[PDB]
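Chains: lettered A, B, ... by order of sequence lines. Numbers in chain A track the PDB entry; the residues on display, in order, are 2-381, 398-777. For chain B, we keep the numbers from the PDB entry: what you see runs 2-381, 398-777, in order. The way this entry was determined, per its header, is X-ray crystallography, 3.0 Å. Each ligand, and each atom within it, is numbered from 1 in the order the structure gives. The structure shown is a partial extract from the entry, and contact counts are restricted to the extract. Computation of the quantities below employed the complete heavy-atom set of this structure, encompassing side-chain atoms and omitting hydrogens, waters and symmetry-equivalent molecules.
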Protein chains: 2
Amino acid sequence: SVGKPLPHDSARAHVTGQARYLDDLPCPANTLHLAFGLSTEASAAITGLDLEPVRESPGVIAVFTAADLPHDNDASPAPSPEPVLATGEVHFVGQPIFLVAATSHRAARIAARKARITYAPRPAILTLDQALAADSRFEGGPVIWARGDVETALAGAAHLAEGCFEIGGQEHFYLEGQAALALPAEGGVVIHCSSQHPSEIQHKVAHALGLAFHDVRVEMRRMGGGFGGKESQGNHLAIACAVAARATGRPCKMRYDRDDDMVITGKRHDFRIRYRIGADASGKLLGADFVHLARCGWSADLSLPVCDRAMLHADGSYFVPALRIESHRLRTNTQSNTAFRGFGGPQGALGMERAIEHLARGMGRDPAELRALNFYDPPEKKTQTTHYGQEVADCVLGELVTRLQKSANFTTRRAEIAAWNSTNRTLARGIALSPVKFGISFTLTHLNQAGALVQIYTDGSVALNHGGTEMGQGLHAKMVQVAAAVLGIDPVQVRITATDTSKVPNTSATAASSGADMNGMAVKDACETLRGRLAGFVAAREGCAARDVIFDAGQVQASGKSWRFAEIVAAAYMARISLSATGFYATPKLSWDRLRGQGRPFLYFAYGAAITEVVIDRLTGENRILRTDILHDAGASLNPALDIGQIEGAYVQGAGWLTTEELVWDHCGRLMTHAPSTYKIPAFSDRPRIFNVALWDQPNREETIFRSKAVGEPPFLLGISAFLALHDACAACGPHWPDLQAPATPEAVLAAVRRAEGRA
Amino acid sequence: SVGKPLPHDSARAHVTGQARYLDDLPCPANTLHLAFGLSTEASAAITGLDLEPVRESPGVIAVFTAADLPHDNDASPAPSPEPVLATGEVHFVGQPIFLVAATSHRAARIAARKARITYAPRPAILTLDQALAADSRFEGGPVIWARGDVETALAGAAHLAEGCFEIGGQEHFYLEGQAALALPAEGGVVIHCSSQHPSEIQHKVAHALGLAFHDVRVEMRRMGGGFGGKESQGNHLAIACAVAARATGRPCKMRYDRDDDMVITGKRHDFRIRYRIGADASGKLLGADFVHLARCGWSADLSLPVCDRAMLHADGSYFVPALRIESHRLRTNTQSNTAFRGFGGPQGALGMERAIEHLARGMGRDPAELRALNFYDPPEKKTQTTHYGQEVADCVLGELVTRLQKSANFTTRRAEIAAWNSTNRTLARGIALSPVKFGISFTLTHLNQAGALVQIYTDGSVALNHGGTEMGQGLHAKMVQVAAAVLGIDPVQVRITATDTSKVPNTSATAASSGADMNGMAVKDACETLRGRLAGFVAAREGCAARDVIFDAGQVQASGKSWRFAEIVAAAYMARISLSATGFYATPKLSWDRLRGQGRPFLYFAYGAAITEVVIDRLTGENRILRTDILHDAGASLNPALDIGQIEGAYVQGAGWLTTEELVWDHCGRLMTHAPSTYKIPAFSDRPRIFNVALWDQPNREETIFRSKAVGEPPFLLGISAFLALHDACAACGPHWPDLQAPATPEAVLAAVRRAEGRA
Ligand SMILES: Nc1nc2c(c(=O)[nH]1)N[C@H]1C(S)=C(S)[C@@H](COP(=O)(O)O)O[C@H]1N2
Ligand SMILES: Nc1nc2c(c(=O)[nH]1)N[C@H]1C(S)=C(S)[C@@H](COP(=O)(O)O)O[C@H]1N2
Ligand SMILES: O=c1nc2[nH][nH]cc-2c(=O)[nH]1
Ligand SMILES: O=c1nc2[nH][nH]cc-2c(=O)[nH]1
Ligand SMILES: [Ca+2]
Ligand SMILES: [Ca+2]
């Protein structure tokens, strides 16, 4: 079943509005609703906290403060704490300071605004330089990795390019907002939330309430979008909900209004990247030296892994004999940044990407050959390594880009464009090609495990359950498909159930594009046990050997006789053979050392390429993507439709990141862009007018679920091509380095134009 | 932990009203409430059905009729159907005809009464003779089993007794009544209910909705008692709930008001038992021939297995060279009878016990030696068999009864009584010893399976889950105990979860006193798995063998180091070892054939004995139990507290059965006793004033979880001593056979008195 383009498991339900998300679930009439009241300072001591106006507000029932917290007060996904309710001082504008449970969402919102709070302000750190200045950082100092000796390499280099440039963050904007609900259930709680990580929600709620893990059960059936935004900031909602619940005696739900959501949660780490890169006379890179300043926010969240991944991707798609990264994870008084599709990767990649382009302009070379010339070697003595020392044995980049350029009519188009430009004085088109190599697996190694539990009922139908969470990316269907493929029956007999830490325990968050790779195995593992039992039984019964019992298309065949799967199961039931099983999986071959920067942190890499073409307006910088062509490698895809879709969506999101998406804070730290009316994701019409997406269809070298390949994050990096192209257009307008910053808003583009035009 | 007298798992919650049973669960404001409208005819064709008044009644939302059922209309636990709504005709007073769904339980009841129905009455069959007469029956004819040649045997017997007697049914009176709730959950349903058989609730709900099983989940956390009454009559409530909820789009609950419950559900099968038994001059049984007429009601329900079980126990505790049974299972237009603690066994045993008393009286012998003399032989060439040919290899009655007689001062007490009676002309005391042997395992062999799913979280706590359902009998403690023992940690670390068919599938109803025998094994089975993975891991890590890793008391020990179980678990999680496992178990050695009456239908036999002392008043029949002494064999008890408890309570209920519980139908077939005000269970004061219960402590010969023994049903048979003792007091008043019938209400006793007295 694996391999066919079947629709998402809740397609119909989405499309008629029966699919329920969290705020849709029915709940008792006495359910309360909650809202945080937030700090209005970027950095201060809290000096007075009068809440009387709060308690007195209509419909309100309980109000909460760090002191009311019965046990832990900490939602951080990492060993250093992050209070859920402020403990004496605040650190960014948005930080929740107390919590309100009233008889209605509005009510709670309204009350949250009546507090009388006095602060003793303090100097605030809002910018990388400020941070740098004040040595405000995480991990007691920057992280440095080095392979070879760069300064040597670069001092003696025929060509060179130094450059510095800004990469702005990005707000997830998941259509369904953060949200959760908790229901006291004799002794313990049951939380429903919209999170990518129920096993953690469990852990944090448990600690928040002083309960052993077994007294807390998180169920989560679907999220309306997550993109990393829900890898951890689901914690504050769950904690508050469980805590209000334990106190008031009653169910408590909490959902952030959009404005709150954007102000409180984190975003993608914005980066400043400073690079020197250099090459040979023939164009082979000689070395690249990089410094990453990354804006993490006021607490650790997942900065640690994120910045590790960006370093880990600083080689972009190329082999480089010497390469250095110095990675500062700067602490600042603003939203605590966190995961976002790509998890650092795009930042590191775009780093190398910008440079190599700068390099190419420098030597009047065509960027594309320059790249193509430095891709890692194809597979099949001594294989090349990355700067962290992992052999790259499966890079099909050379082949693929070639194939893409042909199919995209790359060369010819390039000319048509030059011409067209030369005849225009107000508009310029530009086009670029960018590649992608992304590694698969958590860099924090022991997260790479998954479990599934499978049940077959006497009427032959099946209930599948696994650790992943469906956030729109088709995970469940793939897992259904794998299961139906391994048991030999039609998918229709397989039903998916909601994710539930009481059914599969100790899960990792659904992330690192590892949802399907791993859960897939786990389910397969369960289904294999089950199938095993069936064959054993059939065999003894029909005298003969298990391995000749065949399950296919809903039918079982043995010794010339054949029966319907149901008929087999019923009979195993009568025979008393267990029809239930768990299954589990752990990614092999991984080992690496973060501090040393050496090892094999990944199983295999994902690749792909994209050629985008755009036009810009020389007067105002207005601009847009006319056409894009992608060719991306999803292994032996488990579901081509489902994959094409992630590819298309990711691309858009990726581009979105480098074009109109822009975060802005005011001089006092306030988030100015905190609502769709001022934070602008790709709207329907920004879709490329011609959008060709196709897949490289080749098995994965490594032994993954049906030789497929993760496909959720990788494709997000194809967005770079858009930025690259945007920059090709500026370059066409003058002979200077456009030095286009990201995000490329029109103001930004217009600025690049002028530089290149030499008008300042 | 196994072996300690620990409290029930939910004792704190029982005692402060926090434990929630089904009607306590909170549910959405829009939930609807249901009630059936019932037939008022014992047997007729439904000719007209005006429901208009119903739809018109206040708060009503939907009304249903067989025609409205969307798919199956059948709630029977057996191959022949039993409609949930009546189809054209009715067969007893109480049979549900249509179904109302209103915005409140009262509203529903009230509307249920407004229908205008016209019937076309038919002759009804209400008594055994009638049915016998009309050849009204199930299984197309009686069932006969014969071992040896009885006629021959009897004909040539030094001693003989023929007698015939009635045994009455019994209403469960579970303190929480039948009840269920169904929640549409996108495409499928979730049922909560109060039932001993969630996997079946699943089956029937599914079939009624037209859904594969996998779209139906039943969760059942605890029942307020079941005693058999919830082995199958949970079905109608669940089907109706689900059906109403498919149609109205909203959650529907249904619980039966007492009066309804007693009129609609079934009761223990009342019996008429005819016998001839005969012996040697020395007292050894020669043969015994038995006829069982059994009133099953309008529909199959579980008559089939029940009646098999009575045949199965017609040998009571005695070896009998020849013995025959003809068992009629007669259909009648009354409540469809069903399971009840003992499931036929008591009726069968009572049968033999009456007869051997009759024989004893006939030969001027003391019943007690008569019995003592014919018990099966102890264990340790050719071992005796039962009349179904199953060797009885573990009968310790001899040893046990002896011990009981002595500890209870039997003989001296017998004398004290004779004297006392001789000085008394209005009161008479009676005393009697009665033994029990009870087979353990469903007689419908493939039912004897169970499964469990266990989880260990990274803080070391543990979530246990198995297929059995808690109904007051202590199953979840015993299961927690086994788990804690096998894993080597303190029980506090293990929490039980609600029975849930999406977690352990395809379960048998919890019954046959086999809840723990089996789930215990399965739970051991998963724990052993998990403890296996842990040892493996410690082994590898500390180099050494797994069999030397030791879990005890919450601590793990190997090569001279030790750590806390939780430290092991966390370490395993980081090593990426699955901490989840299912478990399964199927009882071995069983094989037997219903039709022939031959086989091993049981793993082992439960035994015990009870001596009861009573007084009756020769004027009105009033009477009461003064003192009871029991010695019962629970194997190596999994929890002596919990086991003494089942013995106590069961004794009471058993006596209850043969003394004040009495069912009564009027000429039209209407149940006259349908409420506690007229059906009378033992009340506090009818407890024996001196009530000594003690356990026989010997490991089971068979390999049962910790060598323990089922103790749910067997001990109910100890009630028979109460009846036998009431009969001894009658006997004490005259030289004639009292012919005491059951139930021995005071009317009944007085009647016996007079027979004995020759006063008619
Ligand atoms: N439609 C949709 N796709 C998505 C997301 C989402 O929230 N919605 N989250 C992304 C992120 S951050 C990851 S890490 C992958 C997860 O895919 P996977 O489960 O198979 O690993 O989904 C990507 N694709
Ligand atoms: N307190 C209590 N004890 C009880 C019952 C009950 O509803 N409540 N049901 C009886 C019946 S019919 C059976 S079959 C056993 C179940 O014992 P087991 O589950 O451990 O097999 O409960 C016996 N004892
Ligand atoms: O290496 C990681 N990659 C991720 N992608 N999305 C979430 C991720 C995470 O925790 N770690
Ligand atoms: O043999 C059985 N004995 C039972 N006791 N309680 C329920 C039973 C059943 O289904 N079968
Ligand atoms: Ca966010
Ligand atoms: Ca009943």
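The PDB lists the drug found at ligand 4 under the name oxipurinol.
In this entry, more contacts with oxipurinol (ligand 4) come from one chain than from any other, and the PDB entry calls that chain xanthine dehydrogenase, chain B. Counting only heavy atoms under 4.0 Å, the other chains near oxipurinol (ligand 4) are B. By chain and number, the binding site of oxipurinol (ligand 4) at a non-hydrogen cut-off of 4.0 Å is B/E232, B/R310, B/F344, B/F459, B/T460, B/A528, B/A529, B/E730.
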